[PDB]
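This entry carries pioglitazone.
All chain A residue numbers match the PDB entry; in order, they span 204-261, 275-477. Note that ligands are numbered from 1 as they come in the structure, with each ligand's atoms numbered from 1 the same way.
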Amino acid sequence: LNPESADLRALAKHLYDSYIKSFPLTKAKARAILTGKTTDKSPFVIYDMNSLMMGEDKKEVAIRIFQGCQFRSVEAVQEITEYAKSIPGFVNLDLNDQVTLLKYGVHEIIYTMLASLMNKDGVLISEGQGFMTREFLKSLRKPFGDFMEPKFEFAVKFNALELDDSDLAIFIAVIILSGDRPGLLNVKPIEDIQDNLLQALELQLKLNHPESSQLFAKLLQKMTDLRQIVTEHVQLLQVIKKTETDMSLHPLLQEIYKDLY
Ligand SMILES: CCc1ccc(CCOc2ccc(C[C@H]3SC(=O)NC3=O)cc2)nc1
């Protein structure tokens, strides 16, 4: 019997709803696919070149896989942007700040949600219809061989927190509404929204994970891991671009990466 708690539950429900609406492949579906539940179908597994050419029925392989990742990332940016607009207060912010928050927030969100599609052995692709093994991704030619490893390392750790979609919905909102982003014009309105989101997240985790002591704090500490993945990725990208002068980068990703840090 607390009305402030009641408003925070209302916010949590709203965010979960928009999340399900914005992201076509949820963690719940991903885990059904990965663990072999009967609600969803088995993926075709790509573990080598033959299986890759087989899978394509249902050029340069490293470059093909890399650009696949890129294209998937641009559609993820599109999904995250539609989600962000559902976050109460976001579209009422200064437009330049909306842009800044998306610019710095989207990649940290991509890697958070990518974890949902991963286990220690590989990653779901093509909306869960495929599974590409971690060893196969590791085996790719020099510059490409290690692009995915840091993401797998983060994911195994992150997934040990056993978050569900209802938790992740609030956490990603919290990520987007970060007042510490470089070049923000009006920090106060953003921190006010984030404070509300943090209250909602704390209550969600206490209610959804009553036996998981300090899960809120542990989750927030993962923001440090996300930030480091993004930094590493950015530097790997600059190596790739200099060594592979014939590989195209999508303009949207290019604009996001422009003087990030
Ligand atoms: C169908 C082919 C295919 C094969 C591997 C993956 C794994 C996806 O892993 C990802 C890795 C990084 C990113 C985002 C990164 S990669 C890039 O070029 N730009 C980004 O922002 C997004 C996804 N997806 C699709």
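Here the macromolecule bound to pioglitazone with the most contacts is known in UniProt as Peroxisome proliferator-activated receptor gamma. Residues with a heavy atom within 4.0 Å of pioglitazone: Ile281, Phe282, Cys285, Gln286, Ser289, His323, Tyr327, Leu330, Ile341, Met348, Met364, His449, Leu469, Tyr473. Looking only at heavy atoms of the protein, atom 14 (C) of pioglitazone is closest to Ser289 OG, 2.6 Å. Source organism (PDB entry) for chain A: Homo sapiens. Ranking protein heavy atoms by distance to atom 7 (C) of pioglitazone, first place goes to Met364 CE, 3.8 Å. Against a heavy-atom cut-off of under 4.0 Å, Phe282 is close to the following atoms of pioglitazone: 18 (O). Protein heavy atom closest to atom 3 (C) of pioglitazone, with residue, atom name and distance, is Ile341 CG2, 4.0 Å. Listed by number with element, the atoms of pioglitazone under 4.0 angstrom from any heavy atom of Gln286 are 17 (C), 18 (O). Considering backbone and side-chain N/O of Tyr327, none are found under 3.5 Å from N/O of pioglitazone. With a heavy-atom cut-off of 4.0 Å, pioglitazone reaches these UniProt rosiglitazone-binding residues of chain A: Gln286, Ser289, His323, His449, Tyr473.
Counting protein heavy atoms only, atom 9 (O) of pioglitazone is closest to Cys285 SG, 3.1 Å. The dominant UniProt domain at the interface of chain A with pioglitazone is NR LBD. Interface atoms of pioglitazone facing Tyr473, defined by a heavy-atom separation under 4.0 Å, are 15 (C), 19 (N), 20 (C), 21 (O).
Remark: pioglitazone atoms within the under-4.0 Å shell around heavy atoms of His323 are 20 (C), 21 (O).
In this structure, atom 15 (C) of pioglitazone lies nearest to the protein heavy atom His449 NE2, 3.3 Å.
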Note down each nitrogen or oxygen pair, pioglitazone side and protein side, whose separation is under 3.5 Å; give only atom names and the distance to 0.1 Å.
residue, atom, partner, partner atom, Å
pioglitazone, 19 (N), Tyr473, OH, 3.2
pioglitazone, 21 (O), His323, NE2, 2.6
pioglitazone, 21 (O), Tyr473, OH, 2.4

